[PDB]
Amino acid sequence: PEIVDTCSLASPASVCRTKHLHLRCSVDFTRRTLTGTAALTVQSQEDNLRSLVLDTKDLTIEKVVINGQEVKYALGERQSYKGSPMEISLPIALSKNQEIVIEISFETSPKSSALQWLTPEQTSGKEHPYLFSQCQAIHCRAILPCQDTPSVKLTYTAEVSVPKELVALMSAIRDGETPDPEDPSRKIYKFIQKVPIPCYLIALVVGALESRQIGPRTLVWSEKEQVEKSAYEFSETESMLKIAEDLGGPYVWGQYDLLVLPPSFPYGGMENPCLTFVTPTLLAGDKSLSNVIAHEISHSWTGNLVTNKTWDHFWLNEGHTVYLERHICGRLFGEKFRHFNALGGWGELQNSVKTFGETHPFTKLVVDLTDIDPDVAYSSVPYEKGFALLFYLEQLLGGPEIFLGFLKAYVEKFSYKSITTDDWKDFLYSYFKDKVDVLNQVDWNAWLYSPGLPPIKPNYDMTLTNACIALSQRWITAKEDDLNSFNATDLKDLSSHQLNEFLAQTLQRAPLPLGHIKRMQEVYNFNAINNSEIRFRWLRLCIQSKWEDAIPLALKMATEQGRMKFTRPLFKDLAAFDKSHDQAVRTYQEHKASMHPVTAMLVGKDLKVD
Ligand SMILES: CC(C)C[C@H](NC(=O)[C@@H](O)[C@H](N)Cc1ccccc1)C(=O)O
Ligand SMILES: [Yb+3]
Ligand SMILES: [Yb+3]
Ligand SMILES: [Yb+3]
Ligand SMILES: [Zn+2]
C-alpha cells in the first residue's frame, strides 16, 4: 500500500523519518547567503539502514558529520525543479526505530528559489536590507538538506545570527535574543518549534521589523511604515482565532503572530506556524480583505495539524481550509455572507476550468504531479473544487452543524499526521456510518478524478449576489441607449465585496465595448479604488477591453507589487493586448533581476520569454 511523493528525491517515510532539526545559521546579506549547520535527527524504519537520501537544490555542502566524525556523501545530478539528491553514508547500519543524528555544513545559493534577498532600496525604509523565505511547496530543499516531503513531520530548534540592527523571526516560538560572540556585528536569535511540522512550513524573515500587539497571542510585524496600518487592518484576528477553536478544537501552536511582508511576497498569505506571512496588498484600510487572515488561521488545523501526505492530495489542505475560512466569515458577518463567498468561489472555479480547459488534468481534484512542477500546476482548483465538494456534502448530510462535527472529529483523528484522500474518505464513511446510504449517492469518481466542473453544483443563497448580477448583466447587455442612465447611484448599496463580485462577473464576459468601459470609469471612478482585488479585476477588464489608457496602470500594479495572483494575469493580459505587448515584455525583462525567484520564473514562462 505504498504512496509516493513524486516531488521529492529523498528517502521516503517508509525508510526513515526525520524527527527533529537543530538549525544554527547566519544570515550574510553581503554575500546573500545563509550559512550553517543542519543537525537532523533521523529515525530508521528499516533494519540495516546504511545510507539515506536527502533533497537539496542549489546547495553548497561543506561537510557531513556524524558522531563527531565526517562521513561519505554524494550529490547526484540535478533533476530540474526537484534540485539534486544528496546521498549520505551511515557509519553504522540502523535498525527499525533507531536514530542517528546527521549534522550538515551548508551554504545556500544567492539564487535560492526559497528566498528573496532585497536591497535596502527595495524596502520601505530604504536603509536596510531584508530577507524572506517561502518553502511551500518544495523549496525547503533550497535552504537546507531534508526529506522535502509533507509526509514527514519534525520538530525543530534554531538559532540564527543576524546583524545587530535587524530582527529575525521564524515559524516558531521566539525563545530568546542574545548578542553573538564571534568577531561579529550580529545578534543571535532563538526559536523553538515543539509541534511536529512538514518542512514546507519552515520559515524565516530578517529585516528592520517592528511589531504591534493586537491580541493576547498576537503581535503584528512589519517595517515601521506598515505597522500602524497593519495593526488596524488585522484587528479581528483574535476573534477569528476564537471561532476557529470552536470549529476545529484547541489552537495548539501557542502564538499566532502576523508578518506583513514587502510587496514582492508572492502569496496573499502563508500559514507558517506561529507566524503567518501576508501580502501588504491586504492593507485595504477597511479590513475587507480579512478573509485571508481567517484562511491562514484555519490552516492551524487543516494543513498544519492534518497535512496532505503528498502534493497530489493538496486539496485536503486547501479545500478544508476554504471551508473553515468561510465558516469563520459566516460567523462574523452572516450566513448570507458565507453563501455569497461560496458562490463567488464557484465563479473562480469556472474561470480556472475555462482557463486550463475542461479536459485538463490539472482540473481534477486529486492530481498526479509526476514530472510536473508544483508552482506550475498551481491553481484555484484544489481550493474551489475542494470547497465545493465539502459544501455539497454538508448539504447532503444534514447541514453545517452536522458537517462541522465530522470536521472537528477528522481533525482530532488525524492530528500530527500526514494523510491521503482515501484516509479522509474512509474516515468520512466511518464517521457517517449511519448515513452510508447517503454517501453512496455521491459520484466519488467524478468528484475526485474527473476533470472539469464538478458533477453537481451545491445550492446557494442569492441574497447578496443578486445586486451583482443585475448590475453586471445590465452592463454586459447595454446598448448605446443605456449608457447615459448608468450612474454612481448604481453603487449605493454595494459593499466592497459586491463591487468586486460585480467586476468578476463582468470580467467573465470580457471584452466589453471600449466605449462601455470608458463610461464605466466615468460613472463609477474605479480608477480611484485602492482595494487590490477590485483594482486587479478592474484593470484586467480595461486591458481586455482594449483601453490603452489602462496600460500604464496595469504595468504599475503588476510591478509595484508581486502577489502572483495579480502579477501573472496582469502581465499576461498586457502581453495579449497588441498595444502593450512589447512594453509588457520589456518591463518584465527590466524587472526580472529584482523580482521574487518563483514569480520571475513563472512570468517568463507566461510571457514565453527565454
Ligand atoms: C485563498 C486565500 C485565503 C489565500 C491564498 N493563500 C493560501 O491558500 C495559503 O494558505 C497557501 N498555503 C499558499 C501556497 C500554496 C501553494 C504553494 C505555496 C503557497 C492566496 O491567494 O495567497
Ligand atoms: Yb566557500
Ligand atoms: Yb561562501
Ligand atoms: Yb435599448
Ligand atoms: Zn491555504
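Following the PDB entry, chain A shows residues 1-610, kept in their order. For ligands, and for the atoms within them, numbers begin at 1 and follow the listed sequence. For the numbers below, each heavy atom of this structure counts, side chains included, while hydrogens, waters and symmetry mates do not.
Within 4.5 Å of ligand 1, most heavy-atom pairs belong to the chain that UniProt identifies as Leukotriene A-4 hydrolase. For ligand 1, the correct pick from epalrestat, Bestatin, hexachlorophene, dihydrotestosterone is Bestatin. Binding site of Bestatin, heavy atoms within 4.0 Å: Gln134, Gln136, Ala137, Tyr267, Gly268, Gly269, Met270, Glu271, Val292, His295, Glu296, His299, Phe314, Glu318, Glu325, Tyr378, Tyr383.
Of all protein heavy atoms, the one lying nearest to atom 11 (C) of Bestatin is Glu318 OE2, 3.4 Å.
Looking from atom 20 (C) of Bestatin to the surrounding protein, the closest heavy atom is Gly268 N, 3.7 Å.
Looking only at protein heavy atoms, the nearest one to atom 6 (N) of Bestatin is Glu296 OE2, 3.1 Å. Here the heavy atom of the protein found nearest to atom 8 (O) of Bestatin is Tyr383 OH, 2.6 Å. Annotation: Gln136 places an N or O atom under 3.5 Å from an N or O atom of Bestatin; distance criterion only. Atoms of Bestatin lying under 4.0 Å from any heavy atom of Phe314, numbered from 1 in the order shown and given with element: 15 (C), 16 (C). Inclusion of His299 in the set of residues having an N or O under 3.5 Å from an N or O of Bestatin is warranted.
Counted by heavy atoms under 4.0 Å from Bestatin, the UniProt Zn(2+)-binding residues of chain A that qualify: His295, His299, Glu318.
For a threshold of 3.5 Å applied to N or O pairs, the pair formed by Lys565 and Bestatin contains no separation below that value.
The entry gives the source of chain A as Homo sapiens. Shortest contact from atom 12 (N) of Bestatin to any protein heavy atom: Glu271 OE1, 2.5 Å. The UniProt annotation of peptide binding in chain A and a heavy-atom cut-off of 4.0 Å around Bestatin together pick out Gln134, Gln136, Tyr267, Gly268, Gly269, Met270, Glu271.
Nearby ligands and ions (under 4.0 Å from Bestatin): ligand 5 (zinc ion). In this structure, atom 13 (C) of Bestatin lies nearest to the protein heavy atom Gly269 O, 3.7 Å.
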